[PDB]
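Opening notes on BI 2536 bound to Bromodomain-containing protein 4.
Here chain A follows the PDB entry for its numbers: 42-168, in order, are the residues you see. Only this structure's heavy atoms are used, side chains among them; waters, hydrogens and symmetry mates stay out. Header says: X-ray crystallography, 1.5 Å. Order of appearance sets the numbers: ligands from 1, and atoms from 1 within every ligand.
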Amino acid sequence: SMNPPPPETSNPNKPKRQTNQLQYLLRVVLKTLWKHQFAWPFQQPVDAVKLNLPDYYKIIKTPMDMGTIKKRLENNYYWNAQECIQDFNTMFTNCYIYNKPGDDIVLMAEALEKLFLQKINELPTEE
Ligand SMILES: CC[C@@H]1C(=O)N(C)c2cnc(Nc3ccc(C(=O)NC4CCN(C)CC4)cc3OC)nc2N1C1CCCC1
């Protein structure tokens, strides 16, 4: 099957606020995960046509990736930290559902998830 359009990243109709938690998610969390050695498969939507995986979007109906998350943060798409956290978690879950447990792609996601959880534990208080 062909690729779907990527996830929505900007909605001018959707209310916007800057907060220290959202700033942290972009400046610290997204930045640190992006730079990790294992980040590259997670930096853009899965191109299932290029990868010849016609079943990917038959199985994964809520795709997510860090390129999308970066743009969402830049476009003030999220009202709160939890909405952004959900997107990271969706990204990891998709990887765990689609791929055989223990495969290299899964180990990569697991490393990123461990780092993510460390940074979320250090999420600043709303202030
Ligand atoms: C979609 C399934 C899963 C996933 O969950 N995500 C997120 C993913 C995101 N991006 C990729 N990207 C690439 C994966 C492989 C290659 C590549 O070139 N592999 C070579 C093929 C020839 N071989 C001799 C050496 C290795 C390039 C990729 O992007 C340019 N793969 C992903 N995988 C993998 C898909 C194959 C296993 C799992």
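- Heavy atoms under 4.0 Å from BI 2536 belong to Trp81, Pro82, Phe83, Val87, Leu92, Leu94, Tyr97, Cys136, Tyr139, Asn140, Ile146.
- Residues of chain A contacting BI 2536 are concentrated in UniProt domain Bromo 1.
- Closest to atom 32 (C) of BI 2536 among all protein heavy atoms lies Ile146 CD1, 4.0 Å.
- The distance criterion of under 3.5 Å between nitrogen or oxygen atoms is not met by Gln85 with respect to BI 2536.
- By the definition of a contact as any protein heavy atom under 4.0 Å away, atom 36 (C) of BI 2536 is not in contact.
- Within BI 2536, counting atoms from 1 as listed, the ones closer than 4.0 Å to a heavy atom of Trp81 are 12 (N), 13 (C), 28 (C), 29 (O).
- Taking every heavy atom of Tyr139 and a limit of under 4.0 angstrom, the matching atoms of BI 2536 come to 2 (C).
- Contact annotation for atom 11 (C) of BI 2536: protein present (non-hydrogen atoms, distance under 4.0 Å).
- Below 4.0 Å from some heavy atom of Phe83 lie the following atoms of BI 2536, by number and element: 7 (C).
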Check each N or O atom of BI 2536 against all protein N or O atoms and list the pairs under 3.5 Å, with atom names and distances to 0.1 Å, one per line.
| from | atom 1 | to | atom 2 | distance (Å) |
| --- | --- | --- | --- | --- |
| BI 2536 | 5 (O) | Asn140 | ND2 | 2.9 |
| BI 2536 | 10 (N) | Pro82 | O | 3.4 |

